> 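Provided herewith is a single structure, encoded as structure tokens, for subsequent inquiry.
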Amino acid sequence: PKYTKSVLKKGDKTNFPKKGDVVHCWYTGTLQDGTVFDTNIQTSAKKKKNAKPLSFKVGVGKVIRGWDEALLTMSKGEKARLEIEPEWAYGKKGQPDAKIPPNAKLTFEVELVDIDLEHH
Ligand SMILES: C=CC[C@@H]1/C=C(\C)C[C@H](C)C[C@H](OC)[C@H]2O[C@@](O)(C(=O)C(=O)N3CCCC[C@H]3C(=O)O[C@H](/C(C)=C/[C@@H]3CC[C@@H](O)[C@H](OC)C3)[C@H](C)[C@@H](O)CC1=O)[C@H](C)C[C@@H]2OC
């Protein structure tokens, strides 16, 4: 498969994003060697009432393929470890600014915090 998902914390098994919904996520991205290339989890004395999760419309190409596909399988509250093959991430180009090399399998911890039913 082009990604794998391991559930770290079960969601509500009830509310799954549909294409066109807006999802709200916390994440940490790592390379296979363990290098953290990004996180939106704030470590400054900021937390609640300062930092906001990442919001995007799901299933329409706004994120790398691995995320767009995996999110549709997650329920609200779920925290999962996604291992995304390069073709469903940054492929041959990589991403120079984030120091992601060509052909990089990416690991993301993703927590789906909320869903707005924008598919309506
Ligand atoms: C208003 C400003 C623009 C706006 C940018 C921001 C808000 C800042 C944003 C949080 C983080 C950065 O995004 C620029 C940053 O995120 C990474 O650190 C990262 O962890 C990552 O991979 N993420 C973020 C978390 C969701 C999955 C994935 C993604 O898919 O992110 C999306 C993404 C980059 C999609 C492209 C779209 C075009 C395709 O061609 C390409 O396909 C190859 C994939 C993000 C969320 C976009 O929807 C939102 C934006 O564009 C990259 C390693 C390097 C990149 O910095 C350079």
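Residue numbers run from 1 in the order of the sequence given. Just so you know, these numbers use all the heavy atoms, side chains as well, and skip hydrogens, waters and symmetry mates. Both ligands and their constituent atoms are indexed starting at 1 by order of listing. Method of determination (from the header): X-ray crystallography, 1.8 Å.
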> Name, as the PDB entry does, the macromolecule that ligand 1 contacts most in this entry.
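The chain with more contacts than any other is Peptidyl-prolyl cis-trans isomerase FKBP3.
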> Which drug name is given for ligand 1 in the PDB records?
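The drug is tacrolimus.
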> By chain and residue number, what forms the binding site of tacrolimus with heavy atoms closer than 4.0 Å?
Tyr27, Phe37, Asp38, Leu54, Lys62, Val63, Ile64, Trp67, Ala89, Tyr90, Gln95, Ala98, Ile100, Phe108
> What protein heavy atom sits nearest atom 9 (C) of tacrolimus, and how far away is it?
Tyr27 OH, 4.8 Å
> What do you reckon, does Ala98 have a nitrogen or oxygen under 3.5 Å from a nitrogen or oxygen of tacrolimus?
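In fact, backbone or side chain, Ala98 has no N or O that close.
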> Protein non-hydrogen atoms only, distance under 4.0 Å: does atom 25 (C) of tacrolimus have such a neighbour?
yes
> I need the nearest protein heavy-atom contact for atom 44 (C) of tacrolimus: residue, atom name and distance, please.
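So the nearest neighbour among protein heavy atoms is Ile64 CG2, 3.9 Å.
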> Would atom 2 (C) of tacrolimus count as contacted, meaning some protein heavy atom under 4.0 Å?
no
> Evaluate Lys62 for polar contact with tacrolimus, using N/O atom pairs at a separation under 3.5 Å.
yes
> Which UniProt domain in chain A is home to most of the residues around tacrolimus?
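Per UniProt, it's PPIase FKBP-type.
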> Given the protein's heavy atoms, is any one of them under 4.0 Å from atom 35 (C) of tacrolimus?
yes
> If you have a sec, work out which protein heavy atom is nearest atom 22 (O) of tacrolimus and how many Å separate them, to one decimal?
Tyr90 OH, 2.8 Å
> Give the residue and atom name of whichever protein heavy atom lies nearest to atom 57 (C) of tacrolimus, and the separation in Å to one decimal.
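That would be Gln95 OE1, 3.7 Å.
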> Can you tell me which residue and heavy atom of the protein come closest to atom 17 (C) of tacrolimus, and the distance to 0.1 Å?
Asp38 OD2, 3.6 Å
> Does the protein put a heavy atom less than 4.0 Å from atom 41 (C) of tacrolimus?
no
> Return only the organism name the entry records for chain A.
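The entry gives Homo sapiens.
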> May I ask you to identify the nearest protein heavy atom to atom 7 (C) of tacrolimus, giving residue, atom name and distance to one decimal place in Å?
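Result: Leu54 CD1, 5.0 Å.
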